Student: 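Sharing a structure here in structure tokens format.
Index from 1, following the sequence. In listed order, ligands and their atoms are each counted from 1.
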Amino acid sequence: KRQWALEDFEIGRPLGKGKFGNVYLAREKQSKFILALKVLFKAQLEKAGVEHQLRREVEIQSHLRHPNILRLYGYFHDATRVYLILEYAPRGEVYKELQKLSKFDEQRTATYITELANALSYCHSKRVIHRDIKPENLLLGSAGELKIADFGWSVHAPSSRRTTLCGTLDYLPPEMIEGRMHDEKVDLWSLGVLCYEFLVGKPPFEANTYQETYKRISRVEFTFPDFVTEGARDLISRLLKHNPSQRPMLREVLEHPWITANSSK
Ligand SMILES: O=C(O)c1ccc(Nc2ncc3c(n2)-c2ccc(Cl)cc2C(c2c(F)cccc2F)=NC3)cc1
């Protein structure tokens, strides 16, 4: 019922630069509740033509609540900018963790996969598919649990990381690159690419050129390093099926023996 304004927030340190503004660590003045305030410059939004996309995602995002989806508490604007009031993830970016460690062990990875499969299953129930779950779009909450970030198009790919185009291609299902129709099964594919990247430290299809990466995805050709265990190979292999129809249901990922044995939750 209450209406938010810039004055309601104590703006602390800048967390990073988006394409249309900055994101800041902030506190709501009364409750001192910590949150992330994302700023967007309207004229810039309009010129990039993302103005209506932003509105659609805000409407959709506003109805989503899940422990592993970064929460949109609300938003407001003045004549020049729009302000997104976002959940703050106190443990920062997964992608950085991934380079600090190079790759994640089976317990960490399987627990992450559980968290995401729950999130994606919830999304599907809300008719929301093809959520971006590549590492650069994953944050960490106060309990080390994954948080799927919102509005990934408004931020630049990490410099230290894969660039935007490469990053996105790395995670595209064969059906979407072969220009066919797609459905929820797209999320099973992303989960499989992620699981692989978490365990190995690089996505399964990445090659020197976009062209080769494209080719490899289309043919679903990749190899497991020797250190990937049989249970992980089984799950990843079931996820990275060319025919979307042969991919597991999310409940089947959640009950998969490698997940059950390795997950903390
Ligand atoms: O460095 C630290 O010490 C650090 C860094 C980050 C956090 N936590 C955090 N929590 C929420 C958000 C962000 N960061 C965040 C920060 C900056 C920017 Cl440019 C974008 C966002 C995002 C975001 C987004 F909008 C689209 C895609 C990906 C996103 F990550 N969403 C809110 C804590 C500590």
Student: What drug shows up at ligand 1?
Tutor: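 Answer: MLN8054.
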Student: Which partner chain accounts for the most atom contacts with MLN8054, named as in UniProt?
Tutor: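 The chief chain, as UniProt names it, is Aurora kinase A.
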Student: Which residues form the binding site of MLN8054 (heavy atoms under 4.0 Å)?
Tutor: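 Heavy atoms within 4.0 Å: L15, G16, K17, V23, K38, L70, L86, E87, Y88, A89, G92, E93, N137, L139, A149, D150, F151, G152, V155.
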Student: Need the MLN8054 atom indices (1-based, order shown) with element for anything under 4.0 Å from a heavy-atom of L139.
Tutor: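 Result: 9 (C), 10 (N), 11 (C), 12 (C), 13 (C), 14 (N), 30 (F).
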Student: Below 4.0 angstrom from a heavy atom of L70, which MLN8054 atoms are there? Numbered from 1 as shown, please.
Tutor: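 Once the distances to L70 are compared, the set is 11 (C), 31 (N), 32 (C).
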Student: Is atom 14 (N) of MLN8054 less than 4.0 angstrom from at least one protein heavy atom?
Tutor: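 Looking at atom 14 (N) of MLN8054, one finds that a protein heavy atom does lie closer than 4.0 Å.
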Student: Going by the order shown, which atoms of MLN8054 are within less than 4.0 Å of some heavy atom of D150?
Tutor: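 Near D150, meaning under 4.0 Å from one of its heavy atoms, MLN8054 has 24 (C), 25 (F), 26 (C), 27 (C).
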Student: Identify, by atom number and element, the atoms of MLN8054 in contact range of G16, meaning under 4.0 Å from any of its heavy atoms.
Tutor: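 By the 4.0 Å cutoff, the relevant atoms are 17 (C), 19 (Cl).
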Student: UniProt domain of chain A most involved in contacts with MLN8054?
Tutor: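 That would be the UniProt domain Protein kinase.
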Student: Just want to see if MLN8054 lands near the annotated pocket: which residues UniProt lists as binding ATP in chain A have a heavy atom under 4.0 Å from it?
Tutor: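 Counting heavy atoms against the UniProt list, it comes to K38, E87, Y88, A89, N137, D150.
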Student: Starting from atom 16 (C) of MLN8054, which protein heavy atom do you reach first, and at what distance in Å?
Tutor: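 Answer, as residue, atom name and distance: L15 CB, 3.7 Å.
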Student: Is it the case that MLN8054 has an N or O less than 3.5 angstrom from some N or O of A89?
Tutor: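 The answer is yes, given that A89 and MLN8054 share an N or O pair closer than 3.5 Å.
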Student: Considering the heavy atoms of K38, write down every atom of MLN8054 situated less than 4.0 Å from one of them.
Tutor: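 Matching atoms, with element in brackets: 25 (F).
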Student: Write out the residue and atom name of the closest protein heavy atom to atom 34 (C) of MLN8054, then the distance separating them to 0.1 Å.
Tutor: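 In this structure, atom 34 (C) of MLN8054 has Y88 OH, 3.3 Å as its nearest protein heavy atom.
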Student: Among all protein non-hydrogen atoms, which one is nearest to atom 5 (C) of MLN8054, and what is the separation to 0.1 Å?
Tutor: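 Protein heavy atom at minimum distance: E93 OE1, 3.8 Å.
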Student: Which residue supplies the protein heavy atom nearest to atom 6 (C) of MLN8054, what is that atom called, and how far is it?
Tutor: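 That would be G92 CA, 4.0 Å.
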Student: Going by the order shown, which atoms of MLN8054 are within less than 4.0 Å of some heavy atom of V23?
Tutor: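 Checking each atom against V23, I get 17 (C), 18 (C), 19 (Cl), 20 (C).
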Student: Please report which non-hydrogen protein atom sits nearest to atom 27 (C) of MLN8054, along with the residue it belongs to and the distance in Å to one decimal place.
Tutor: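 It is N137 OD1, 3.5 Å.
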Student: Run the numbers for me: atoms of MLN8054, each under 4.0 Å from some heavy atom of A149, listed by number.
Tutor: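 Within the 4.0 Å cut-off of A149, MLN8054 contributes 27 (C), 28 (C), 29 (C).
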Student: What is the closest UniProt-listed active-site residue in chain A to MLN8054, and what is the minimum heavy-atom separation to the nearest 1 Å?
Tutor: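 Among UniProt active-site residues, the nearest by heavy atoms is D132, 7 Å.
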Student: Kindly state if atom 2 (C) of MLN8054 has a protein heavy atom within a strict 4.0 Å cut-off, that is, under 4.0 Å?
Tutor: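 Protein heavy atom within 4.0 Å of atom 2 (C) of MLN8054: absent.
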Student: Protein N/O near MLN8054 N/O, under 3.5 Å, which pairs?
Tutor:
from, atom 1, to, atom 2, distance (Å)
MLN8054, 8 (N), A89, O, 2.8
MLN8054, 10 (N), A89, N, 2.9

